[PDB]
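Below, a PDB structure including nirmatrelvir (bound form).
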Number of protein chains: 2
Amino acid sequence: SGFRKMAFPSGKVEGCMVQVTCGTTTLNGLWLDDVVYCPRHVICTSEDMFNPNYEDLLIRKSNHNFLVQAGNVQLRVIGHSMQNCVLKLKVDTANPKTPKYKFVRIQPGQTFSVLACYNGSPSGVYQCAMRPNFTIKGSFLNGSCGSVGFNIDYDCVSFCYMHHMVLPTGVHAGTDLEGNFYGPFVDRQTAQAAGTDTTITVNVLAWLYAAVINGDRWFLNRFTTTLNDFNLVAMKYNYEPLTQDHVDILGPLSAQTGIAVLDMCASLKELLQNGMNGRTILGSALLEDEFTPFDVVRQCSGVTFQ
Amino acid sequence: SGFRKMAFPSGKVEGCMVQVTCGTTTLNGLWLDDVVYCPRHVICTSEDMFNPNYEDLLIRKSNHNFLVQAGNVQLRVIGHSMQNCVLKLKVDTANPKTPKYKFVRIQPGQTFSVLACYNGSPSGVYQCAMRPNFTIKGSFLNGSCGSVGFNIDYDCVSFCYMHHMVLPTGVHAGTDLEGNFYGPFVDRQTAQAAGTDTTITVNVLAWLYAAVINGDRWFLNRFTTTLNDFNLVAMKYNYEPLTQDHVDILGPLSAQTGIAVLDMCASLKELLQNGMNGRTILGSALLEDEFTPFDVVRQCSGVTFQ
Ligand SMILES: *C(=N)[C@H](C[C@@H]1CCNC1=O)NC(=O)[C@@H]1[C@@H]2[C@H](CN1C(=O)[C@@H](NC(=O)C(F)(F)F)C(C)(C)C)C2(C)C
Ligand SMILES: *C(=N)[C@H](C[C@@H]1CCNC1=O)NC(=O)[C@@H]1[C@@H]2[C@H](CN1C(=O)[C@@H](NC(=O)C(F)(F)F)C(C)(C)C)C2(C)C
């Protein structure tokens, strides 16, 4: 009963957040085993930010220059290295709260939870999607860098995002946990803009299945369509092309509801061409594209985590 | 930058969730110090549900009849009692992860985070409001009872909701942690319906301030209004009356933005009378009423928790 934007429980990630200070710059780090991962611009002064030479700035730091705090406890740094846009600080204490974890690089259209943090302390949790233009629509303030995005699978935390910056129009950009940016962005205070975004078609379809499961069925029409003819219509509305891989991922929801994917595609086609006529779907007056097929299955089936 | 529906970090509550089984009925419980709190209908069979005599059903239970599991560890029950609609099971082990906490009864219009759980294991977290008709718009499945709602203030978890049932139209009903229902509902499988709901005016105003803070300002008009004349208009649109207490609670946001509350009221008046004309505010095509003034301040100022 009901359908909500739902984040993963954040406790396993909360137990990994620390504060990292270098000079007067402070941000968040992620403490897993005996390594703290954080954005490399912790080593920048305000003026370094416009054209930083991170390798040069790091040459002039030693271990003791990094103040790492886990709650009230300072963690002694005993080694450091740079990997793309992330700093790795080896500390002399392994985090006893380290969960089973993976570093993953997610694909555009996939979702994750963000644990927004300031000064190593958690503020809140929310769900995001990696947009097709490789930005995310987050909520971040000064000092939020190093906050991470993640998914959970049973007991395993898959970390997929570390926060680095905000772009014009207010969308956000960051890296995977190997320090490689999503998209064509750099960690430098320089003129940068997101490309034009697109609507994540497979997710809109997932959310229409969630509507059917939850009893909101008014938009279901009596037609079908071919994949080619659907994509011709969707392209005009700045929807991303629907692939056979997308069709296959929708299979569980199609099987559960008894509505063929291409039938749902015909109903979406009508919504795009005619609008929703003042009506809502699952309480929204716009079509929602930040629920994946798995998000819908997980919420409508009550999948839990260890 | 950005504005999202944001839940509190759930870790402090995750460390309190357990599974409670009596006979063949299983639901979630909340383990604080040496007491487990859970919905009393854990003691009901399926047929007991329609007209249960909870006092009679509990007479025929003893401590050993309650199987309480915290992960892989069974907790021995050494005492039990009923308080309104909640069962309290004394166990022989105090929860070492008990946070500082309070039991509070919230008022209609206030928000909280829900940690949805199944079989004592967390599934996800989302933000809800206590509706003026004393229901909540949650997302719950079979076995979700005993999931709790809460707010956090620094290090203190204020528990305010325990989940018990779903009503027609799919809205949800439950109790405070003293077992007293919000609203005129009973924990019995009998014909019950929520009263007509109303829109939480002070929260819509809070969210318009959040829009201004985040740069979405198109709806700001050049007028003001009196409190009386605003409430005459709002009443027609099923908005709850705006009180002086509400005006006072909006004061921090008014001071931050330099927009007097009654000026924002004039802009809301225009939105109600004319609509949004295809435009969005903070990405939504409807006016949002499940952010409190404090929710907005907490998100736009980066308040963290210990
Ligand atoms: C990390 N704590 C912050 C997070 C920012 C701050 C406000 N909202 C956020 O998401 N990261 C930064 O301040 C980064 C950082 C230098 C400057 N910066 C920016 O986000 C700037 N953006 C850009 O320069 C642009 F447009 F290219 F993205 C700023 C103008 C300050 C918003 C570095 C190393 C990129
Ligand atoms: C607790 N695990 C469930 C949570 C429900 C289940 C599906 N979605 C939810 O939120 N609680 C119940 O099943 C409660 C419980 C008996 C029956 N019940 C209901 O929610 C029923 N609702 C009502 O009878 C009504 F309309 F009055 F609310 C049901 C028809 C099964 C949905 C008790 C003790 C009320």
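Chain letters run alphabetically, one per sequence line, in listed order. We number chain A the same way the PDB entry does; the residues here are 1-306, in that order. Heads up, chain B uses the PDB entry numbers, so what you see runs 1-306. Counting convention: from 1, in listed order, for ligands and their atoms alike. The analysis underlying the following values was restricted to heavy atoms, covering all of them including side chains, and did not include hydrogens, waters or symmetry mates. Per the header of the entry, the method used was X-ray crystallography, 1.7 Å.
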Practice problem: Tell me which chain touches nirmatrelvir (bound form, ligand 2) most, using the name in the PDB entry. | Solution: 3C-like proteinase nsp5
Quiz prompt | Chains in contact with nirmatrelvir (bound form, ligand 2) (heavy atoms under 4.0 Å) | solution = A, B
Quiz prompt | Residue B:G143 vicinity, atoms of nirmatrelvir (bound form, ligand 2) by number, heavy atom under 4.0 Å | solution = 2 (N)
Practice problem: Point out the UniProt domain of chain B where most residues touching nirmatrelvir (bound form, ligand 2) sit. | Solution: Peptidase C30
Quiz item: Does the entry model a covalent attachment of nirmatrelvir (bound form, ligand 2) to a chain, and at what residue and atom?
Solution: B:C145 SG
Quiz item: For nirmatrelvir (bound form, ligand 2), which atoms sit closer than 4.0 Å to a heavy atom of B:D187?
Solution: 34 (C), 35 (C)
Quiz item: Can you check whether B:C145 has an N/O within less than 3.5 Å of an N/O in nirmatrelvir (bound form, ligand 2)?
Solution: yes
Exercise. Kindly indicate whether atom 13 (O) of nirmatrelvir (bound form, ligand 2) is approached by any protein heavy atom to under 4.0 angstrom.
Key: no
Quiz item: So is B:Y54 close enough to nirmatrelvir (bound form, ligand 2), meaning a heavy atom under 4.0 angstrom away?
Solution: yes
Quiz item: How does B:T190 reach nirmatrelvir (bound form, ligand 2), by side chain, by backbone, by both or by neither, if only non-hydrogen atoms under 4.0 Å count?
Solution: backbone
Quiz item: When you look for heavy atoms under 4.0 Å from nirmatrelvir (bound form, ligand 2), do you find them on the side chain of A:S1, its backbone, both, or neither?
Solution: side chain
Quiz item: For atom 7 (C) of nirmatrelvir (bound form, ligand 2), which protein heavy atom lies nearest, and how many Å away is it?
Solution: B:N142 OD1, 3.5 Å
Exercise. Using a strict cut-off of 4.0 Å, indicate which atoms of nirmatrelvir (bound form, ligand 2) neighbour a heavy atom of B:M49.
Key: 16 (C), 34 (C)
Exercise. Taking only heavy atoms of B:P168 into account, list the atoms of nirmatrelvir (bound form, ligand 2) that are under 4.0 Å away from them.
Key: 26 (F)
Self-check item: Geometric N/O contact B:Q192 with nirmatrelvir (bound form, ligand 2), under 3.5 angstrom
Solution: no
Self-check item: Contact (N/O only, under 3.5 Å) between B:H163 and nirmatrelvir (bound form, ligand 2)
Solution: yes
Self-check item: Proximal atoms of nirmatrelvir (bound form, ligand 2) relative to B:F140 (non-hydrogen, under 4.0 Å)
Solution: 8 (N), 10 (O)
Quiz item: Of the UniProt active-site residues in chain B, which one sits nearest nirmatrelvir (bound form, ligand 2), and what is the shortest non-hydrogen distance (1 Å precision)?
Solution: B:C145, 2 Å
Quiz item: Any N/O of B:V166 closer than 3.5 Å to an N/O of nirmatrelvir (bound form, ligand 2)?
Solution: yes
Self-check item: Nearest option to atom 11 (N) of nirmatrelvir (bound form, ligand 2), as decided by whichever heavy atom of B:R40, B:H164, B:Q189, B:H172 sits closest
Solution: B:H164
Quiz item: Around nirmatrelvir (bound form, ligand 2), which residues have heavy atoms within 4.0 Å?
Solution: A:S1, B:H41, B:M49, B:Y54, B:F140, B:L141, B:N142, B:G143, B:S144, B:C145, B:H163, B:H164, B:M165, B:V166, B:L167, B:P168, B:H172, B:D187, B:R188, B:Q189, B:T190, B:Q192
